[PDB]
**Q** 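I'd like to talk through a structure of L-thyroxine bound to Transthyretin.
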Number of protein chains: 4
Amino acid sequence: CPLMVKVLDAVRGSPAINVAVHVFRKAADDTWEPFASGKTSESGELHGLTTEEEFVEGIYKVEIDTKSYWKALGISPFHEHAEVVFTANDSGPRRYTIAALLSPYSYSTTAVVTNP
Amino acid sequence: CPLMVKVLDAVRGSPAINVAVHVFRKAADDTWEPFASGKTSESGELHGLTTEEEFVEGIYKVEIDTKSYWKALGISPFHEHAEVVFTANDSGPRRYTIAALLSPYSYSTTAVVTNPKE
Amino acid sequence: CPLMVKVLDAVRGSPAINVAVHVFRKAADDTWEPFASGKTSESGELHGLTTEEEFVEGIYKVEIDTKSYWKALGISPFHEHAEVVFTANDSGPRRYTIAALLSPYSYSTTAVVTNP
Amino acid sequence: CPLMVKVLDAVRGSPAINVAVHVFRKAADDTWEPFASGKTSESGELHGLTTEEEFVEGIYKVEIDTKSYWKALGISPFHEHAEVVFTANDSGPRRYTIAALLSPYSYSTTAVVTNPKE
Ligand SMILES: N[C@@H](Cc1cc(I)c(Oc2cc(I)c(O)c(I)c2)c(I)c1)C(=O)O
Ligand SMILES: N[C@@H](Cc1cc(I)c(Oc2cc(I)c(O)c(I)c2)c(I)c1)C(=O)O
């Protein structure tokens, strides 16, 4: 749909599968409120988290439980989890892909905003 | 110091100067408590946030305002900020070096933990 | 096919399209010899560069002309180009995806080796 | 010095110690000429490769043997090495800091160029 997540493992060089992803929308009260969640698939992807009709402009936060994932491989991670806060103001493009590359002591995240 | 931050700019090939950094500590009520703040210097570093005595066990959050940095450069970035959450000094004290590499639609962070020997 | 390349732009947050990619195979003489080439598509991907029958074990080098790409956006790049040398010993998995994330002064590359 | 390398380990949260680095310069015949070599120290840094006089205009290649590093750690990595190709001091001399962040199936590199004022 209009919001996709992709997670990869930099240690094994494979998609990070079955990771818990939680999405939040900043509400007026300025707190974070549940929006959507899921666990990444076998190809380290999470789709159809939302629809265009309910994905309105605003501030969203995507939180990835990197800790649980690393513990499970029996590796001691640094981060409690990874977060990505961005303003989604679909004024042009439509699709957003939040990609994160994980390592026990580091993680990189990039956003690919396209139109088709 | 126990806590050090290093920020680099991937578009210019330079350290990230005047980037504001806010550090919080997860309060006793699962509330985030301001713990320290600063701005990266000419070398994109920030030392002097805290001391050994002040820096006790707990979950800390280092928030880097990447947004203000880019905006003041003519580029509108994707992210609002960059935040690193971690548990510190649970096995006696350590030295943490939180490093970030910035790009308008991406950023990378890694941590360097060294044992003072305590 | 069994070798895929993906390129992304970290400055515009979009796929890096129409980038020249050249692949080499280290020959006995130990020099690099032409193997395959292409320009990334509209989604910053390059597929069907080879086939299983001709992708044999050995040392391959994937070179991405990051310079030409950055010059075209009128940005001064640091690197002359990005390279990725790896040993492909399909003894297990089959597919290799060489992903590279570009920035005028930096580039990260990760490999996703899967089986389906 | 004009040329400095910094290597970090993303799996351990530490500098990359004893990593071999070879530097080449594109010879007059489009041949790579060995220019300097070293090994990262306890702080995952390598200084003293060259001098201002020695380091003239040209295209250089910094090759980091990431493979030997990982192997000597029990992990078999994806890449054979990590190489950074760039043109240096074409607009009078500069100072270059080639930094790499290593992972078994990934690695990141960025450069920090500063003007000595020449
Ligand atoms: N006192 C040091 C400060 C410094 C610490 C680190 I640790 C570092 O290394 C990286 C490597 C990568 I890859 C990054 O993305 C990032 I951010 C930092 C660099 I350069 C500089 C000095 O100024 O000499
Ligand atoms: N089904 C989606 C899945 C997908 C998105 C991305 I974006 C991607 O590319 C990278 C490149 C680097 I470098 C990373 O560190 C990471 I994480 C992902 C890859 I492979 C796959 C699609 O193909 O559109």
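A, B, C, ... go to the sequence lines in the order they are written. Shown for chain A, in order and in the PDB entry numbering: 10-125. The residue numbers of chain B are those assigned by the PDB entry, with the residues present covering 10-127 sequentially. The numbering of chain C matches the PDB entry: 10-125, in order. Quick note: numbers on chain D are straight from the PDB entry, i.e. 10-127, in order. What you see below is based on every heavy atom in this structure, not just the backbone, and it leaves out hydrogens, waters and symmetry mates. Just so you know, ligand 1 is whichever comes first in the structure, and atom 1 is the first atom listed for that ligand.
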**Q** Provide the letters of the other chains having heavy-atom distances to L-thyroxine (ligand 1) under 4.0 Å.
**A**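 The heavy-atom check gives B, D.
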**Q** At what distance is the nearest protein heavy atom to atom 21 (C) of L-thyroxine (ligand 1), and which residue and atom is it?
**A**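 Looking at atom 21 (C) of L-thyroxine (ligand 1), the protein heavy atom closest to it is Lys15(B) CE, 3.1 Å.
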**Q** Provide the number and element of each atom of L-thyroxine (ligand 1) under 4.0 Å from a heavy atom of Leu17(B).
**A**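 Listed by number with element: 16 (C), 17 (I), 18 (C), 20 (I).
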**Q** Could you list the atoms of L-thyroxine (ligand 1) found under 4.0 angstrom from a heavy atom of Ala108(D)?
**A**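 Atoms satisfying the 4.0 Å criterion: 11 (C).
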**Q** Examine L-thyroxine (ligand 1) and decide if any of its atoms is less than 4.0 Å from a heavy atom belonging to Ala109(D).
**A**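 Checking L-thyroxine (ligand 1) against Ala109(D), which is what was asked, there is a heavy-atom contact under 4.0 Å.
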**Q** Test your reading of the structure: does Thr118(D) have an N or O sitting under 3.5 Å from an N or O of L-thyroxine (ligand 1)?
**A**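 Looking only at distances, the answer is no, because the N/O contact criterion of under 3.5 Å is not met.
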**Q** Side chain or backbone of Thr119(B) under 4.0 Å from L-thyroxine (ligand 1), or both, or neither, by non-hydrogen atoms?
**A**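 Under 4.0 Å from L-thyroxine (ligand 1), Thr119(B) contributes no heavy atoms.
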**Q** Mind pulling out the UniProt L-thyroxine-binding residues of chain B that sit under 4.0 Å from L-thyroxine (ligand 1) by heavy-atom distance?
**A**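 Short answer: the UniProt residues with a heavy atom that close are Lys15(B), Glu54(B).
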**Q** Provide the residues lining L-thyroxine (ligand 1) within 4.0 Å, heavy atoms only.
**A**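 The heavy-atom cut-off picks out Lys15(B), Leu17(B), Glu54(B), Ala108(B), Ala109(B), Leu110(B), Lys15(D), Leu17(D), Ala108(D), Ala109(D), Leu110(D), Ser117(D).
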**Q** For L-thyroxine (ligand 1), find each of its N or O atoms that sits under 3.5 Å from a protein N or O atom, and tabulate the pairs with distances to one decimal place.
**A**
residue: L-thyroxine (ligand 1); atom: 1 (N); partner: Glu54(B); partner atom: OE2; Å: 3.0
residue: L-thyroxine (ligand 1); atom: 23 (O); partner: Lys15(B); partner atom: NZ; Å: 3.2
residue: L-thyroxine (ligand 1); atom: 23 (O); partner: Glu54(B); partner atom: OE2; Å: 2.9

